[PDB]
2 protein chains.
Amino acid sequence: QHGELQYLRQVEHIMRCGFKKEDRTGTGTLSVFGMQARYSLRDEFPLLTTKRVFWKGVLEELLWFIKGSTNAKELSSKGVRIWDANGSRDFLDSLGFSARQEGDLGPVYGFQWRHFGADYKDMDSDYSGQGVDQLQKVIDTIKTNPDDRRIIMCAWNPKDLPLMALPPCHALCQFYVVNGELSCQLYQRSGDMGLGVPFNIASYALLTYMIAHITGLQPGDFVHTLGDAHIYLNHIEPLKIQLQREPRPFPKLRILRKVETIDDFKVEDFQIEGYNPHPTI
Amino acid sequence: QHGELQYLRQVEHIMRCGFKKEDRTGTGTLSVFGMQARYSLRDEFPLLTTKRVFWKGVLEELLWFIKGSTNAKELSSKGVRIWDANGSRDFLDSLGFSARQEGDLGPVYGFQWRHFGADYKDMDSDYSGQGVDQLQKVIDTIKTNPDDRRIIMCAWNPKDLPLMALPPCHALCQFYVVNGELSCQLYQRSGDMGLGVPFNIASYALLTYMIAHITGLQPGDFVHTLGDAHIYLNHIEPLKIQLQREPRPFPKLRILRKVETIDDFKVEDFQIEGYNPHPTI
Ligand SMILES: Cc1nc(=O)c2cc(CN(C)c3ccc(C(=O)N[C@@H](CCC(=O)O)C(=O)O)s3)ccc2[nH]1
Ligand SMILES: Cc1nc(=O)c2cc(CN(C)c3ccc(C(=O)N[C@@H](CCC(=O)O)C(=O)O)s3)ccc2[nH]1
Ligand SMILES: O=c1ccn([C@H]2C[C@H](O)[C@@H](COP(=O)(O)O)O2)c(=O)[nH]1
Ligand SMILES: O=c1ccn([C@H]2C[C@H](O)[C@@H](COP(=O)(O)O)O2)c(=O)[nH]1
């Protein structure tokens, strides 16, 4: 019945039927290919309870995406340092970007969502009016023709791939509308069930809530589709303890004011109610 | 359990729990959002048996994709009329392509696989060395680094969308490797369960077999993920008759010769074995 049981079953499935694989760095993982879960967004927000999810991070990262920013320093100054390692001088130099400034992640998510097709110079350049604004295109389509089957937002850009500090995990997401409800399916090519995935679920569940607010629709379902679903070997024991835990009722997300555009959203507009996560592992 | 039961249950689920939504054609559909199925490619080929599928069509269409052709007449000259209507004078005029010559479908599938990012002129143009050859990249990645989690081939191009006579249904596909087996996951944003889906399943299964042959691996699984899965109202009755029939064993696909490249593949290299379907409806 509870939505979190689906995630727990997926983690259990990988431990149960996964194959021993390897990484880019070489650490070792248990992996399964092709998984799908469906989380209900009706009167509840999917922020996992068996293990704490960095809420401030998902909120600040998404507002940073919408802003169209590719500067990691703009997210770091907000207290969210999850992209700092990829924007460092050392990492950018190992990829061959020496003339590039520090913090410049290349044409990642934000740039693809707002300026698809545009030529990328640097993080400080003005890209207004350049490229295809997929985000606004999504919102407008939901407002004009909700039955459309092409309401898609793609971050996977083969042409811009060599320039990105890190290739997109969330390659593509599609929206759907029935009975005044807004659903969303995410295609995640690679997902770490131990840390990344629970953060990813929350992020896109928030995106769906945001767009539903602007279009006057109600949040429906969130279909999470995975490509390479893995669990790192050094996390087998902690996750074993997490599987034994009983899920607490999912919290509730509340938007405190009526906003017209997606750009007008602020941290103060969001309120999480009833989030009681289990201790640390 | 037979692999075709997954497809049949999916059709049953859409008639039972689906929603009466609308279409761009305005013909009316029964729709569901977010489905997934897994078809084993180990010593068998997922060519549906409860209804005869046009094998010549899926074979000729795929070699047409690989060739990079966007000329519908180039496919028609082989007895495969599947894209004739999309390339006809009346259809091209209605979309606003009055200057385009017959058969010019625009930057469709084949162009996106071989020349992503290239500026399209027309079907009789030379695009050699232009764009990103995604197909070649996938093959080279599987050979030199099989554990990679970015083995993706994307046909969804927001920039080229308004130029396409036929919008991409199979928007993205990913490849995966374990135990010397190649698996593929396809993200179909829109799929007509009555006609298109059975054809699409065979198409990418064949592609997996093709790439697996060149890379020296064995065909693994074909994961089919759907977005807007639908059934047209006029297809309800003939599908009710298909649900009644019992699945016969899947045929086997045999590659008659050792081919080095994806471009060296020809029709004479393939032969379907043991295909005994039910009378076409
Ligand atoms: C091996 C590996 N697995 C991952 O899932 C992963 C994910 C990201 C990006 N991502 C989408 C993240 C989600 C959550 C995060 C995290 O760092 N949570 C911490 C906060 C760290 C800080 O405050 O600096 C936490 O849970 O406390 S990071 C970057 C490297 C990775 N590396
Ligand atoms: C409403 C609609 N649904 C679809 O799925 C669809 C698919 C295509 C492209 N496609 C993926 C197709 C696969 C097979 C096909 C077909 O017409 N088969 C015929 C033979 C005609 C020929 O000789 O080419 C048959 O089964 O009799 S059409 C074109 C228009 C569509 N229109
Ligand atoms: O939002 C994100 C970002 C990263 N990762 C994890 C998944 C992989 O373990 C790793 C990225 O490695 P590649 O898939 O790019 O090889 O980071 C996620 O799960 N979610
Ligand atoms: O490979 C294909 C090509 C087309 N279609 C069908 C299903 C859709 O109903 C239709 C395309 O219409 P849109 O989804 O683009 O609106 O063609 C498929 O199912 N598979």
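Chain letters run alphabetically, one per sequence line, in listed order. Since chain A takes its numbers from the PDB entry, the residues it shows come out as 21-301. Residue numbering for chain B follows the PDB entry, covering 21-301 in order. In each ligand, atom 1 is the first atom listed, and ligand 1 is the first ligand listed. These values consider heavy atoms only, across backbone and side chains, with no hydrogens, waters or symmetry-generated copies. Method on record in the header is X-ray crystallography, 2.6 Å.
At ligand 1 one finds the drug raltitrexed. The chain in largest contact with raltitrexed (ligand 1) bears the name, in UniProt, of Thymidylate synthase.
Using a 4.0 Å cut-off on heavy atoms, the other chains next to raltitrexed (ligand 1) are A. Which of A:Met213, A:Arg72, A:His250, A:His190 comes nearest to atom 26 (O) of raltitrexed (ligand 1) through a heavy atom is settled by distance: it is A:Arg72. One option in A:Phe74, A:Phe219, A:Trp103 has a heavy atom closer to atom 23 (O) of raltitrexed (ligand 1) than any other, and that option is A:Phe74. In summary, the atoms of raltitrexed (ligand 1) found under 4.0 Å from a heavy atom of A:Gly216, numbered by their order in the structure, are 5 (O). Of the polar atoms of A:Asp212, at least one N or O is found under 3.5 Å from an N or O of raltitrexed (ligand 1), judged by distance alone. Among the UniProt active-site residues of chain A, the one closest to raltitrexed (ligand 1) by heavy-atom distance, rounded to 1 Å, is A:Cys189, 7 Å.
Between A:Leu215 and raltitrexed (ligand 1), no pair of N/O atoms sits closer than 3.5 Å. Among the UniProt-annotated dUMP-binding residues of chain A, those with a heavy atom closer than 4.0 Å to raltitrexed (ligand 1) are the following: A:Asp212, A:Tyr252. The entry attributes the origin of chain A to Rattus norvegicus. The atoms of raltitrexed (ligand 1) that sit less than 4.0 Å from any heavy atom of A:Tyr252 are 1 (C). In this structure, the binding site of raltitrexed (ligand 1) at 4.0 Å (heavy atoms) is formed by A:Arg72, A:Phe74, A:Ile102, A:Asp212, A:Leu215, A:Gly216, A:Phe219, A:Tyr252.
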